[PDB]
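Caption: PDB structure containing tenidap.
Simply put, chain letters go A, B, ... down the sequence lines. The residues of chain A that appear here are 8-28, 36-150, 168-588, 593-725 by the PDB entry count, in order. The PDB entry numbering applies to chain B: residues 8-28, 36-150, 168-588, 593-725, in that order. Note that ligands are numbered from 1 as they come in the structure, with each ligand's atoms numbered from 1 the same way. Reckoned from all heavy atoms, side chains included, excluding hydrogens, waters and symmetry mates. Per the header: electron microscopy, 3.2 Å.
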Protein chains: 2
Amino acid sequence: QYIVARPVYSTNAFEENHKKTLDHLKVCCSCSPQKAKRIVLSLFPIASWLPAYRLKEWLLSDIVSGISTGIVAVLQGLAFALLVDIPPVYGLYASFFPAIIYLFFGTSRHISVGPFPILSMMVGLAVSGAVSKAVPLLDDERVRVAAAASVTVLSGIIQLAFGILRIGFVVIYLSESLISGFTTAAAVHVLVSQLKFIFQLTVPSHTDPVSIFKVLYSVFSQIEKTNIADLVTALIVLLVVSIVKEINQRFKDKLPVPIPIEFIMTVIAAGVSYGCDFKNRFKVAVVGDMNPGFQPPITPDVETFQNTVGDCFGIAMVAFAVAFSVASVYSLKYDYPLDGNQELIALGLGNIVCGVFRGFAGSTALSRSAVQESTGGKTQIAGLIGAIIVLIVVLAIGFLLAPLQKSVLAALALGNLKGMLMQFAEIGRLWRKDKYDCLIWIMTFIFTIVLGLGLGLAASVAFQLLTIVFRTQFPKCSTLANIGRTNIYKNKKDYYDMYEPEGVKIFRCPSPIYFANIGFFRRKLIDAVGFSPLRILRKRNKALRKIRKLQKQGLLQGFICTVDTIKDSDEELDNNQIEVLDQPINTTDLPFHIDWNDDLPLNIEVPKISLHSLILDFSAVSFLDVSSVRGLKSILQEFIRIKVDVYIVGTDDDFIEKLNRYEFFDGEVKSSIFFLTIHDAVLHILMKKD
Amino acid sequence: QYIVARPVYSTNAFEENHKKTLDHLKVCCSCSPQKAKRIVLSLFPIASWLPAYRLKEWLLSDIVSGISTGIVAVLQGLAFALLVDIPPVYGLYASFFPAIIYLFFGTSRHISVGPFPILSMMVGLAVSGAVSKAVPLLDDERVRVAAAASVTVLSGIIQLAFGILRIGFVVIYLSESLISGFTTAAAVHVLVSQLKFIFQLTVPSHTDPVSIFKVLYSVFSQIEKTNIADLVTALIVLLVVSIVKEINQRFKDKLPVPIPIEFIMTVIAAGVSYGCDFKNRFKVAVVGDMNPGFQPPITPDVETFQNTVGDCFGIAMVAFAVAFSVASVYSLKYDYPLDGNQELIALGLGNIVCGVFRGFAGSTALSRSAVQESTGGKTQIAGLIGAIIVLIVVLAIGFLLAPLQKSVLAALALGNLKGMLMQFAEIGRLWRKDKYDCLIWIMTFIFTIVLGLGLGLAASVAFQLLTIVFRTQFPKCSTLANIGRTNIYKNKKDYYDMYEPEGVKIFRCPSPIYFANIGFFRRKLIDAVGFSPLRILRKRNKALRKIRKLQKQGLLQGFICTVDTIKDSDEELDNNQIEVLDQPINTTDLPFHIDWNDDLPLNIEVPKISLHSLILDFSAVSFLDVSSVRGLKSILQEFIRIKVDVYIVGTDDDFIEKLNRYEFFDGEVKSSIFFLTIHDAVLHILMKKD
Ligand SMILES: CC(C)CCC[C@@H](C)[C@H]1CC[C@H]2[C@@H]3CC=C4C[C@@H](OC(=O)CCC(=O)O)CC[C@]4(C)[C@H]3CC[C@]12C
Ligand SMILES: CC(C)CCC[C@@H](C)[C@H]1CC[C@H]2[C@@H]3CC=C4C[C@@H](OC(=O)CCC(=O)O)CC[C@]4(C)[C@H]3CC[C@]12C
Ligand SMILES: CC(C)CCC[C@@H](C)[C@H]1CC[C@H]2[C@@H]3CC=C4C[C@@H](OC(=O)CCC(=O)O)CC[C@]4(C)[C@H]3CC[C@]12C
Ligand SMILES: CC(C)CCC[C@@H](C)[C@H]1CC[C@H]2[C@@H]3CC=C4C[C@@H](OC(=O)CCC(=O)O)CC[C@]4(C)[C@H]3CC[C@]12C
Ligand SMILES: CC(C)CCC[C@@H](C)[C@H]1CC[C@H]2[C@@H]3CC=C4C[C@@H](OC(=O)CCC(=O)O)CC[C@]4(C)[C@H]3CC[C@]12C
Ligand SMILES: CC(C)CCC[C@@H](C)[C@H]1CC[C@H]2[C@@H]3CC=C4C[C@@H](OC(=O)CCC(=O)O)CC[C@]4(C)[C@H]3CC[C@]12C
Ligand SMILES: CC(C)CCC[C@@H](C)[C@H]1CC[C@H]2[C@@H]3CC=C4C[C@@H](OC(=O)CCC(=O)O)CC[C@]4(C)[C@H]3CC[C@]12C
Ligand SMILES: CC(C)CCC[C@@H](C)[C@H]1CC[C@H]2[C@@H]3CC=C4C[C@@H](OC(=O)CCC(=O)O)CC[C@]4(C)[C@H]3CC[C@]12C
Ligand SMILES: NC(=O)n1c(O)c(C(=O)c2cccs2)c2cc(Cl)ccc21
Ligand SMILES: NC(=O)n1c(O)c(C(=O)c2cccs2)c2cc(Cl)ccc21
């Protein structure tokens, strides 16, 4: 049973009966020989797991996973190089250099970095913006490569500058409702942007607010020019891949290393396209012969930095958020301490080295990481084998992809959109849960469809921040009362036999009071008390001025009258003199001790007040700002001058220690109004009144 | 003394011992004859105070205040029409039509609407943007008037659309730190923009990111062309007005209706400029003769709506925020119910009627409202007399301002910048108070100086919203303990003789848990408990799998061994099989009842745990979202499967009623874990353990 027999404490009788107990530059600038061995081995993390490498139980699994992710990285390299309007050889450069740099500088053991379609589509939008903003067949796709490389270099520089300044916690402003709303709209963007390769149409590059319908108009105005031999091949590839992926999602009994339908269908499509001369019989958009070898490095152009300095921030944000959210899943499994700041440095170095050698930007993909982890990827040596496969495709076997339809690539990339399109079926899962994150989802989807991918992310983040203000805009403030003659105080409109003491009003605001809900708090407090205290103070001051005017006239003196009725000379105060009606009342010059409650002398009318104390339950108020401290001080000054005691209960110690440095406590609003709980304020009032 | 002898309640034993107690379209669509008389008399509020008009005590004071504000409105009309590059006659139209419309449609009794310099400067920027974006001496200032009228019409339409949709609470996103940071930067903008009239220079219109230094470069590159006869006159006017304003701020004894130095200095300057032929002796920039009469109305141009649709939103926001913050001061005095939604409708109608008749936009000014209220303005009839004065200046006495220097106007408008420039001396008043609103002030000032007035307001609002996330990003989570063997639980690192029970950990997070602080909450909870529970669950599952493998081999059977030492066959789990290490443990198929704490059989190693229950004090957690509910459910599922009881205390009723519709409670995380306070959870643990 709950038995308590303590005295009544009031936060100053408690702090005197139980006694309590440069700034950062001398702990962060101490050059020690034990700290450099931590800093270097956390900056260059290949010296930490490569000596501690269990060879005999990991090498074969890493080799198998490396081959099985290198084939997928080759097939996804020259398929994401079509979302950018560059030749498809520049997609193989994008999946080789970051996989080499992340081997030396990365912390995650299970992701395989390369390109992934949302970031390559954002790069494809930014390069068309840089082309359309620059001052003055093969000469068009030269400046596309030369500007995509510079967009990649600038995004890597931004990511490296994030990683050096140790701001790796920027992923927490990217809640999963915003990610789930951005991802389906990016999937719709991919599905629309890959229509011009299935139908084999010619679409000009659009870079504007809404461009998901400009591409739709430019495609659907020339449906009569659709190559049937490309559409039939893309439809045949698309329904086989979905059926075999459905079979691979089910049927997982006696089935190790599930059947790769993408590689098999690509081999079959390339063999058919070579054997029957599909470039000459029909007229298809075949992937031409790539130059065997790498390209010499280019200097990044300066005039395209100043044109796309806004899009590279969004590219860096998306490339860090995706590569953190994917890697944290495999970090919760296997229990390794993934470091957020080193990921930005590794991805920035990988993107810089990729952009110097004419690649394009990218981070890890969810499907390639799932292929690398599901087939037994133990460490990042599988990424090295996956990069060696792309190296041997670039150097030697480049002619084997020369009879590739370029519509089977767009059909394969439309294959695994079902993972990002099923999240449409969660709005109903969010409508019956919060109705604020459903709003965040809907507004993120609308802003990403309409305002593109660069501006839509910033607009959805700015709305996600406004949602938190919407949550605490109109709090459900209530009035409390006692249940069962004990220390249980709950809401008055809930239980039956609640007892409320005489002249005590316990008020509770269940939200942190800041600038958007201080006026609402004041209005709700005035409506719950029953009067405005400034109105009663002004009427009391008017009555006191009339009383002392009658005393100066020689009528009053307790307070006996001479005549029964006087004239009702309502001396109204003009401007620049009405501010004396807000002054505190002093009755030291009078012999009587008026209380403004029983009655007054002749034709003096003052509204009555039954209160003598109110209690503010501030147990849920988390913080205050200058506007709340100013408004709260203005409220308590009206409540104290009206002879009503105020108590603020339920606060802990650093709340009072923060309120000390707000110039809150003066000779009127003393520091002895803070009590511990609600019940020892009611007990203090009851032991003070009698 | 505090004596309590209640039983121990657990939010389900409490709700069964004390029994408790279309949606809005049928209360908002009820056409009643008593509701129309409220709606019309709140929409057309001149029918409410004009019959209730105490004539014999208000008429003379309203006439005096009307004359004294009409002179100031005339002198401020054709001085704010120089911040826009229009002829000065179009400033007298801006202070006449809104004062007539606000008489019929306004609620405040003490503001005098007209132009005010921040909004006219924003109009002057937007009109230059509309000129510089339009496709193709007197022909330049024709399109300035024709585009400023359309910017005014669009801003009035936006304000009227705000007032009809009843969103009049948008001023609460405009905290006083943001207003105080925006106002001084607007004052610096006014002081720089009025330099070309003192020196009498020719400056082209700049409309861009940063333009406070483009005007400074265009002025200070041609200092050698400064008219000395204008600079000397502006300096003579400027130091007299400041001295007499200092004398008027002090010396307020036997001094009614303080001496207007602006009208006297304007009369003296005009008389000197006429008597000595200042347009011919020197070569000054005198205010030319205005056409006597109004202008016929124009249709607003459509092509300039689409160019400045972004700036008109900022003009409407500033025009509502200033006219609300000024009117609320005189609404707190005199006690009248000012309505926020009617102010938007009245200002929108005033701006529309002003923009049709070739005026420009505006709301009330602080100085004109102070002049109208301080001289005895009782109602809005003083605004009507102030408009009649502007009418008689436009119609008849227009030649009296024709010898006006146009540098004395810029010198007068630099006079009362001291009210908006002294707020520089509050950063030190905000540095020792919060250091978040000092940051809001500094970032608002920097964004308004750099990004102009239109974009700077939006950027400072977007940073003000981010400040609230910065306040609750890293909360100061703590561990509590008991003081003095009673129901007082406070922070463990504060007091000396705090007692903590055996195996109980009371944890407290003093912030609402949302998406930005759920990972920090999980990391702080794991660091305060002392272990990760998923690690102990995985090691317990590995040990249990080894135990049952030894049982299948025929060695174990309580739990006696056969041999002393076995081989250390560490059967490590591959991928797609390691997720069985997170499953709950069941020991129903074993005869023994292992507890994972004392010891285990041969070479089995499990980490020990001293906990058996932890308590989460959620009294300060105001709300949750889907990310917090998901992460909290994931935390409690690890803590329950490890055989550690969890209790969540300090929550009130609608917190549990909200958590019901989150799919939070299942067969594992039952609803019986919620307790009332901290002490009756500790008492429940102590009465359950023995
Ligand atoms: C939820 C909503 C309110 C958020 C804000 C949406 C706006 C950002 C969208 C909605 C309508 C859009 C406009 C709809 C149509 C057009 C015409 C379009 O014209 C062309 O592409 C050229 C046509 C030609 O040259 O003939 C240019 C973009 C624009 C202005 C769009 C710009 C982006 C707008 C303003
Ligand atoms: C806000 C969401 C929910 C709906 C979006 C509706 C509109 C904003 C969209 C739908 C149809 C779109 C239009 C569809 C086709 C075109 C043609 C397109 O191409 C041209 O005009 C090329 C030049 C020419 O041929 O004249 C320019 C964009 C435009 C006007 C689009 C502008 C944006 C529009 C009006
Ligand atoms: C804290 C985050 C938001 C990054 C820091 C702010 C950036 C958004 C700013 C700071 C430096 C700025 C740059 C400073 C100088 C220039 C050169 C300038 O070159 C010109 O040709 C001038 C005329 C013009 O293009 O407007 C173009 C803008 C640019 C790249 C600016 C683009 C915007 C930048 C990158
Ligand atoms: C958000 C924070 C952590 C980012 C910190 C880094 C940025 C402040 C720097 C990194 C690289 C900088 C860029 C490096 C080079 C240039 C080119 C420079 O071009 C010129 O001056 C034009 C010269 C010419 O046209 O001849 C304009 C600034 C800009 C875009 C810089 C803008 C500022 C950037 C993005
Ligand atoms: C606190 C800071 C980081 C906030 C972001 C600041 C930017 C929005 C500012 C800082 C530097 C500014 C730039 C500094 C100089 C110029 C050159 C200026 O050039 C001209 O006016 C034309 C010159 C010519 O024609 O010769 C155009 C604006 C611009 C790009 C400014 C645009 C606005 C910028 C990028
Ligand atoms: C961010 C805050 C704290 C400091 C701001 C520093 C810069 C962003 C400012 C200071 C000096 C400014 C410059 C001062 C003078 C000019 C000349 C001005 O006029 C012309 O160039 C006209 C055409 C010509 O004559 O070439 C254009 C803006 C510019 C470059 C300004 C651009 C913005 C600058 C670099
Ligand atoms: C909820 C708040 C933020 C207001 C609602 C959204 C507005 C910001 C949008 C909705 C309608 C939009 C307008 C819809 C159509 C047009 C015509 C369009 O005309 C053109 O010549 C098209 C090409 C172009 O200028 O880009 C110019 C943009 C404009 C005015 C748009 C400007 C932006 C507007 C006002
Ligand atoms: C924030 C919410 C509450 C505002 C609600 C009102 C707006 C949605 C409306 C009110 C007036 C509208 C404007 C009225 C007229 C026009 C002109 C119109 O011009 C054309 O279509 C061009 C025709 C041509 O060039 O021939 C473009 C949209 C625009 C700016 C409209 C944009 C949308 C506005 C601002
Ligand atoms: N598992 C696997 O081998 N693959 C995929 O999952 C692919 C996708 O459709 C992706 C959509 C978003 C990221 S990947 C894919 C595409 C090609 Cl061209 C070759 C192989 C592929
Ligand atoms: N009280 C008064 O009569 N006046 C002022 O206060 C003036 C200002 O400087 C203002 C600065 C911001 C708003 S007003 C002012 C200017 C002129 Cl041209 C004529 C009279 C004036």
For this session: List all ligands or chains that belong to tenidap.
Result: ligands 9 and 10
Exercise. For tenidap (ligand 9) in this structure, which bound macromolecule has the most atom pairs within 4.5 Å, going by UniProt?
Worked result: Chloride anion exchanger
Problem set entry | Heavy-atom contacts under 4.0 Å with tenidap (ligand 9), by chain | A
Problem set entry | Source species of chain A (PDB) | Homo sapiens
Problem set entry | tenidap (ligand 9) vs chain A: UniProt transmembrane segments with heavy atom under 4.0 Å | 1, 3
Exercise. Which residues would you count as binding tenidap (ligand 9), with heavy atoms within 4.0 Å?
Worked result: A:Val86, A:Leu89, A:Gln90, A:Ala93, A:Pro131, A:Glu293, A:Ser398, A:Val402, A:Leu443, A:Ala444, A:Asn447
